[PDB]
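Note: structure shows XL888 engaged with Heat shock protein 90 homolog.
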Amino acid sequence: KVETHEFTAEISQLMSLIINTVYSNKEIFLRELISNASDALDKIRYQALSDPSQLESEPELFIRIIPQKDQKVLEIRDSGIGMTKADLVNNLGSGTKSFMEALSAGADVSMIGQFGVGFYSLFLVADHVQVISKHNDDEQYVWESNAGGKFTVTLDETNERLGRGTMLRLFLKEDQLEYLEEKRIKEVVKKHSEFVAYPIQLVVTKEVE
Ligand SMILES: CC[C@@H](C)Nc1cc(C(=O)N[C@H]2C[C@H]3CC[C@@H](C2)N3c2ccc(C(=O)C3CC3)cn2)c(C)cc1C(N)=O
């Protein structure tokens, strides 16, 4: 059963801004999303210093990028802490207002991650997103959205089990399909995410002839 919720007004306004801006360095979306993954992996790793059974839901700590060319979808999966349904309905934090203000004063989009709202840079290159997530002691959910208006949260009894962590599915814009290319992904990872302290896997798929 689907639950529908409205974005705060400032989030809808941020989305509309990002999805329509003409920024010439849109590749930074991948850095912002890998930084969120890294942070989520740090959080589970450090909780597990007190309580190592927290890692049992998925013993590997990794980041995994899966272009799906048939679907025009770029997936980014991590085995970090994940998000509770509460994180998914009410959000985490106000970073959103503080970043539109910042843009007003000439701030660069590349600085979105200083304000904790790096997730939304994905709308530089995508017009729809699914967030699949699984937190310890809660269920697996799909959060889904176009850019502005409503988002939905749905109990996930259909998809592959994450074990623990998060998978973003970016539905790429027709002008940004280069982020399905292996060499483009590799060089953007190496340029902006060179010092991430977790392995970054990239899946290349030979599709059936
Ligand atoms: C603890 C996780 C953190 C370290 N990393 C991540 C953070 C995020 C992230 O930003 N999600 C938030 C919460 C959810 C899911 C996407 C988006 C932003 N949503 C919402 C939800 C609600 C609202 C609202 O208007 C409120 C109703 C009024 C706005 N936005 C993500 C997506 C992943 C990771 C990660 N890879 O693990």
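For the single chain, residues carry numbers from 1 onward in sequence order. If you check the header, you will see the structure was determined by X-ray crystallography, 2.0 Å. Any value given below was found using the heavy atoms of this structure, including those in side chains, with hydrogens, waters and symmetry copies removed. Just follow the structure's listing: the first ligand is 1, and inside any ligand the first atom is 1.
- If you number the atoms of XL888 (ligand 1) from 1 as listed, the ones under 4.0 Å from a heavy atom of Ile11 come out as 24 (C), 25 (O), 29 (C).
- Looking at atom 30 (N) of XL888 (ligand 1), its nearest protein heavy atom turns out to be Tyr120 OH, 3.0 Å.
- Any N or O atom pair closer than 3.5 Å counts here, and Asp87 shares no such pair with XL888 (ligand 1).
- Atom numbering of XL888 (ligand 1) starts at 1 in the shown order; those under 4.0 Å from a heavy atom of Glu6 are 27 (C), 28 (C).
- When non-hydrogen atoms are compared, XL888 (ligand 1) lies under 4.0 Å from neither the backbone nor the side chain of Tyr141.
- Within XL888 (ligand 1), the atoms closer than 4.0 Å to a non-hydrogen atom of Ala40 are 4 (C), 37 (O), numbered from 1 in the order shown.
- The source species given by the entry for chain A is Candida albicans.
- Residues with a heavy atom within 4.0 Å of XL888 (ligand 1): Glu6, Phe7, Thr8, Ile11, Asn36, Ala37, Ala40, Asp78, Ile81, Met83, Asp87, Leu88, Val89, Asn91, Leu92, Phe119, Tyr120, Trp143, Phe151, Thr166.
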